[PDB]
Amino acid sequence: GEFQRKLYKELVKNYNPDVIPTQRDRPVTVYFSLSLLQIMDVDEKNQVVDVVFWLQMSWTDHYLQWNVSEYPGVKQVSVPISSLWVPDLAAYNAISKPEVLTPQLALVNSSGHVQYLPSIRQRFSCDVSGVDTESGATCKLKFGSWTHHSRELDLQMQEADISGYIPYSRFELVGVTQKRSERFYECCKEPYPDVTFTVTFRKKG
Amino acid sequence: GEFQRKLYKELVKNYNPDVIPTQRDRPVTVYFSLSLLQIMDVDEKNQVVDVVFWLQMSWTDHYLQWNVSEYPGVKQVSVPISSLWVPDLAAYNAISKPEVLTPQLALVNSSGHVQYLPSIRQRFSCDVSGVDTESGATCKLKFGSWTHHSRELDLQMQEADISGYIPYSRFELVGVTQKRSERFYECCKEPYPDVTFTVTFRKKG
Amino acid sequence: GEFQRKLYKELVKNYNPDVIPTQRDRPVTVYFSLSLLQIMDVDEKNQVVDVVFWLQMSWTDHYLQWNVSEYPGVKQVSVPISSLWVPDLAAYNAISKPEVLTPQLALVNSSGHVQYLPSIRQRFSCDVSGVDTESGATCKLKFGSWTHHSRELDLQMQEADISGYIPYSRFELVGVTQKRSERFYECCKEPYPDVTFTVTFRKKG
Amino acid sequence: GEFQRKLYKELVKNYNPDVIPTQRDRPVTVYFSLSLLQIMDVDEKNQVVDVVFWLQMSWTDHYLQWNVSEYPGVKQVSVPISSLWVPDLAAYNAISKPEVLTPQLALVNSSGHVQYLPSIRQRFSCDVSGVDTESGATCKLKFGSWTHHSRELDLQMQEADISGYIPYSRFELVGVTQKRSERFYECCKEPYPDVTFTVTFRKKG
Amino acid sequence: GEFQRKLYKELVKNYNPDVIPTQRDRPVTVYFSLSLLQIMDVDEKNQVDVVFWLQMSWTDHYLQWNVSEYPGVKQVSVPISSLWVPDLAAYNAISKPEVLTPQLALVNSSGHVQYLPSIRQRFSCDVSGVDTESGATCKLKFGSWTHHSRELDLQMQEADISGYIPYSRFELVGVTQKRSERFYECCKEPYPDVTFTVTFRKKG
Ligand SMILES: *[C@@H]1O[C@H](CO)[C@@H](O[C@@H]2O[C@H](CO)[C@@H](O[C@@H]3O[C@H](CO)[C@@H](O)[C@H](O[C@H]4O[C@H](CO)[C@@H](O)[C@H](O)[C@@H]4O)[C@@H]3O)[C@H](O)[C@H]2NC(C)=O)[C@H](O)[C@H]1NC(C)=O
Ligand SMILES: *[C@@H]1O[C@H](CO)[C@@H](O[C@@H]2O[C@H](CO)[C@@H](O)[C@H](O)[C@H]2NC(C)=O)[C@H](O)[C@H]1NC(C)=O
Ligand SMILES: *[C@@H]1O[C@H](CO)[C@@H](O[C@@H]2O[C@H](CO)[C@@H](O)[C@H](O)[C@H]2NC(C)=O)[C@H](O)[C@H]1NC(C)=O
Ligand SMILES: *[C@@H]1O[C@H](CO)[C@@H](O[C@@H]2O[C@H](CO)[C@@H](O)[C@H](O)[C@H]2NC(C)=O)[C@H](O)[C@H]1NC(C)=O
Ligand SMILES: *[C@@H]1O[C@H](CO)[C@@H](O[C@@H]2O[C@H](CO)[C@@H](O)[C@H](O)[C@H]2NC(C)=O)[C@H](O)[C@H]1NC(C)=O
Ligand SMILES: CN1[C@@H](CC(=O)c2ccccc2)CCC[C@H]1C[C@H](O)c1ccccc1
Ligand SMILES: CN1[C@@H](CC(=O)c2ccccc2)CCC[C@H]1C[C@H](O)c1ccccc1
Ligand SMILES: CN1[C@@H](CC(=O)c2ccccc2)CCC[C@H]1C[C@H](O)c1ccccc1
Ligand SMILES: CN1[C@@H](CC(=O)c2ccccc2)CCC[C@H]1C[C@H](O)c1ccccc1
Ligand SMILES: CN1[C@@H](CC(=O)c2ccccc2)CCC[C@H]1C[C@H](O)c1ccccc1
């Protein structure tokens, strides 16, 4: 429709995707979830794990809301992420650039709530020593904002999800636990929240 | 291509390729089919298939129609996909980005019917255990829109053909099946359709 | 440079690189040749041949012509292919993207004749069964417009060249034949021409 | 506050990111530091070392400061590095392109002080012969500006950090030492500074 | 600096990087040299890998300024996007060049440009004699892909083997350089190429 086209036009007007959408007194709450899909490979020589996982990120961008009466049918839109602000979450212990497997698009409803849900393949540093033992190996996948502290970006975990782990992998996914931490570095005065997903796994047999 | 040069300007005038071209608010019906060309490799350790395949996607974009009496010779135009809306179809169980082998061009006729026919190479998660057996290994290649539900994008399948499959391959096709489904996700209130290409194959011998 | 600079401004003005420069009842004739330089590898398990070759494409684009008197001294210009229309030739049986090795520039003279001469590495589907037999293996490299039928794009062979084939190669180049075909598809009224290069080769024993 | 939005647009206004922000014929002082995270691999045949490290770069950009009373709650911004000048530091003995593992953003505070802190994977030419010996192997990681001399870009080093080295690597990090050098080249009229990080390491066992 | 900022603005004004800055209707003279830093690998089966420092320099008359008008500014560092660069091709490369260094050129007030990319690239070569005492000899052939010798005058400077790493498994026996001029039965004018010949053998 032309309404959806006017709306797309207006969402981008006077909008800078480099500007985190805070409102004074308020940090941007970003809800964050990682679903492990497949353990692609263990490098026992170089201490590396290769994983495929589904990230779920959502937050409210209040510069992106619209009155639905002015845009009758339009209740959500699908938008390329280059055109809006997205959390600068970094994989603290990645040793490779992420390979995004899915279309780089976000959903946005009329309250300005954004949902961005990439599927990603990425290699991480990990001690994979015990992978062929009963206890298994344990990898920490650690994520957090690279440039935004707690009072700018409040990173929130959502519940752990192993439901997506492929059942025919040569690795048995023993468990996944998660932890949110606020670290002080002393670059900065402010703490930076990070979310850590702890994956325990072992060779089947 | 004098009339052709005039047409190309009018088509891109006030056109936003981020916007799914609904009307009513009809879903855009998208016709989808996969023709399998070559099974490039099986990874029995990591459970992956490497395949080369030919997609056929077609849909009607109503903003892309013209009066043919106003452009005498012009029945059809060849257009970069970067300038028009294309379905955001994702391979749900891919573990690599799709590698597009063919020119990224679509054919558009005067009533707005678009055809995009890329040949593609891509790796998928798959249990390839029984590839040495006589019942062979079965891989599900699942495709669907990433951000559009049923009432926005009506994904319909067109019939499979295996005649494109290369005959001098080390794998033989034992079975092929396409099938459309409509599932709910924890996600959304609207169902999302998908098309699943199920292929069964084995080592020759 | 004085008139060259002004001429470059004019060639891109009112010019659309997406529009095939046909005229009513006049296809764009595209002269096309392949010169094999080296056979990098043969994959007998996966049925792939890895080749380096030089393509030579030439055609006339009447929108690219100019009056030499108006630009004295300027008889040809070197132009990035991104800025002019180029033939959308695809490698039909390629299983990888082409790796263009040379600068992506085309030479254009004042009557609009374009020459584009890329050196390319690409991998193709092929039955290399006979590579160690020295009746040899035979690969067919197949090329054609992906979106223009023969009354839009008139694909013409020119005599192939093997003088450039590497003499110290692991593989002995037995011979190369070329063939222009015109094939119909159940889809379209108009046939689509292709050029196929048949290369026969064998390991040096 | 929409003061962040106001500030960003002022920062990029009348600003060129290709221009090093010198004042008064005074050089831009760039403070530089390297923290070694992991030695991914040693290639003893081709004499290559593969490493992941964290660079710290900071400097003052006088064009990028703002009076904080004019933009109330804004004390620092997060900014894509393509919108501001950043040091063109190169690894002089790298044998691969640097792979940047983190978001390409820089922090900037109101007095124009910038912090850019990429984590990076890169391979370096290095004599890795002694890696099995007790004295280990020694690799110079040599960095400097590619195009700015001492009087434009005053490269200074802060102290390196081995506290980030992963404890479960197959290589023990014996030590990292750093040294700042400055030399004339016969090529150019002005001298160039460089910072070299000398890494000693051996195989556990 | 504010002088630099407004100088940059002026250099790119009306400037088209696609246009070889021929003046006059003589060539742009392009000075060209190669410094071998490391032989990374040989593929004796497929007959093929090196890391080298290219040096290129030429005058772009469009890029001159008067230093009186820009007091401090004697040279600037610009992205090579923003200016014309030689379309030099590696005639026998079998891979795309991986450019290791920042893509920046130096330009001085006379419009003299220096572009010194460090590059890793694979080349076709008969490496079969590599273990032998006579070694393997490889040719690295470079030249303009679209400009003939009266648009682009390719000239070679002396080669630098001082940068070759001493701890390589290959010993660098010798390097020579030659400028040639070839006519192709197609194109009126000749096209000049500079070819660096590299002889090297396995140590031990
Ligand atoms: C766009 O998507 C977002 C994400 O789904 C969506 O936002 C959510 O909206 C609901 C309802 O407006 C929010 O729920 C509210 O939160 C507060 C405190 O957190 C509660 O107090 C509210 O609660 C209720 O209890 C009342 C009793 O006094 C009842 O009368 C009332 O009915 C409520 O049951 C309320 O639940 C929710 O917090 C947000 N979530 C986020 C992450 O913001 C938004 O509505 C969508 N936009 C549109 C236009 O649909
Ligand atoms: C543009 O292409 C479409 C698809 O090939 C043509 O449409 C079909 O037309 C037949 C009869 O006209 C219908 O029975 C089908 O249901 C149509 N299919 C779809 C998907 O719409 C259409 O005729 C072409 N337009 C022109 C002007 O030739
Ligand atoms: C532009 O280039 C074309 C192609 O090289 C020139 O045309 C050829 O002209 C020769 C004689 O000059 C003929 O023998 C060939 O058969 C032509 N080839 C083709 C493909 O047409 C053309 O003359 C050039 N124009 C100018 C003004 O120099
Ligand atoms: C911007 O950041 C810089 C660097 O963090 C701040 O400066 C340092 O402050 C300490 C404490 O007074 C000094 O000892 C250092 O010498 C400063 N470093 C530099 C490079 O100047 C600076 O204060 C910040 N600006 C504002 C407005 O907060
Ligand atoms: C710009 O650079 C060129 C080359 O680096 C300078 O030119 C040269 O002048 C010296 C002595 O005057 C000669 O030995 C060189 O052979 C010259 N080289 C060339 C290419 O002409 C030139 O002077 C520089 N411009 C300024 C303003 O310093
Ligand atoms: C970037 N840094 C915080 C800011 C900060 O610490 C910092 C900033 C500037 C200078 C010095 C330190 C933000 C959150 C990430 C953290 C980075 C971590 O050290 C790190 C670096 C490299 C690999 C793994 C982890
Ligand atoms: C992408 N997602 C739906 C959209 C959506 O989930 C969603 C939308 C908005 C918010 C939260 C979730 C569209 C239909 C597919 C489904 C994805 C499937 O679970 C999936 C996830 C990861 C790998 C493979 C498959
Ligand atoms: C793309 N196709 C023709 C058009 C067409 O078929 C077509 C048109 C419209 C609708 C459906 C199909 C144009 C000429 C090329 C041909 C390609 C060949 O099929 C093919 C497909 C996959 C691998 C190798 C070859
Ligand atoms: C690039 N070079 C200087 C420029 C310059 O030398 C030069 C300039 C002009 C002409 C000839 C040489 C600038 C500062 C860095 C220095 C680097 C080193 O040379 C080098 C080159 C190649 C590989 C490793 C190291
Ligand atoms: C491309 N060719 C000249 C042009 C030309 O020959 C040519 C032009 C037009 C028509 C026919 C041939 C320009 C200068 C470079 C030269 C290169 C060499 O051919 C070549 C081709 C492929 C791989 C290696 C080398």
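So you know, we letter chains A, B, ... as the sequences are listed, proteins then strands, and number each from 1. When a ligand or atom number is given, it counts from 1 through the structure's own listing order. Only this structure's heavy atoms are used, side chains among them; waters, hydrogens and symmetry mates stay out.
The options were quinine, lobeline, mitiglinide; the drug at ligand 9 is lobeline.
Here the macromolecule with the greatest number of atom pairs within 4.5 Å of lobeline (ligand 9) is listed in the PDB entry as acetylcholine-binding protein, neuronal acetylcholine receptor subunit alpha-7. Other chains reaching under 4.0 Å from lobeline (ligand 9) with at least one heavy atom: D, E. The shortest separation from a heavy atom of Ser118(E) to lobeline (ligand 9) is not under 4.0 Å, leaving the residue out of contact. Listed by number with element, the atoms of lobeline (ligand 9) under 4.0 Å from a non-hydrogen atom of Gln114(E) are 9 (C), 10 (C). Heavy-atom contacts of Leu37(E) reach the following atoms of lobeline (ligand 9): 23 (C) (cutoff under 4.0 Å).
Short version: no covalent link from lobeline (ligand 9) to a chain.
For lobeline (ligand 9), the atoms lying closer than 4.0 Å to a non-hydrogen atom of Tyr192(D) are 13 (C), 14 (C). Distance check for atom 3 (C) of lobeline (ligand 9): every protein heavy atom is found at 4.0 Å or beyond.
Residue contacts with lobeline (ligand 9), taken as heavy atom pairs separated by less than 4.0 Å, do not involve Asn93(D) at all.
Looking only at heavy atoms of the protein, atom 15 (C) of lobeline (ligand 9) is closest to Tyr92(D) OH, 3.4 Å. Taking every non-hydrogen atom of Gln55(E) and a distance limit under 4.0 Å, the qualifying atoms of lobeline (ligand 9) come out as 10 (C), 11 (C), 12 (C). At a heavy-atom cutoff of 4.0 Å, lobeline (ligand 9) is contacted by no atom of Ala90(D), backbone or side chain.
Scanning the protein for heavy atoms near atom 12 (C) of lobeline (ligand 9), the closest one is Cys187(D) CB, 3.2 Å. Close approach to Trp146(D) involves these atoms of lobeline (ligand 9), each under 4.0 Å from a residue heavy atom: 1 (C), 13 (C), 14 (C), 17 (C), 21 (C).
Residues in other chains coming within 4.0 Å of lobeline (ligand 9) by heavy atoms are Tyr92(D), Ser145(D), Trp146(D), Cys187(D), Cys188(D), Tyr192(D), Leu37(E), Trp53(E), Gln55(E), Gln114(E), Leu116(E).
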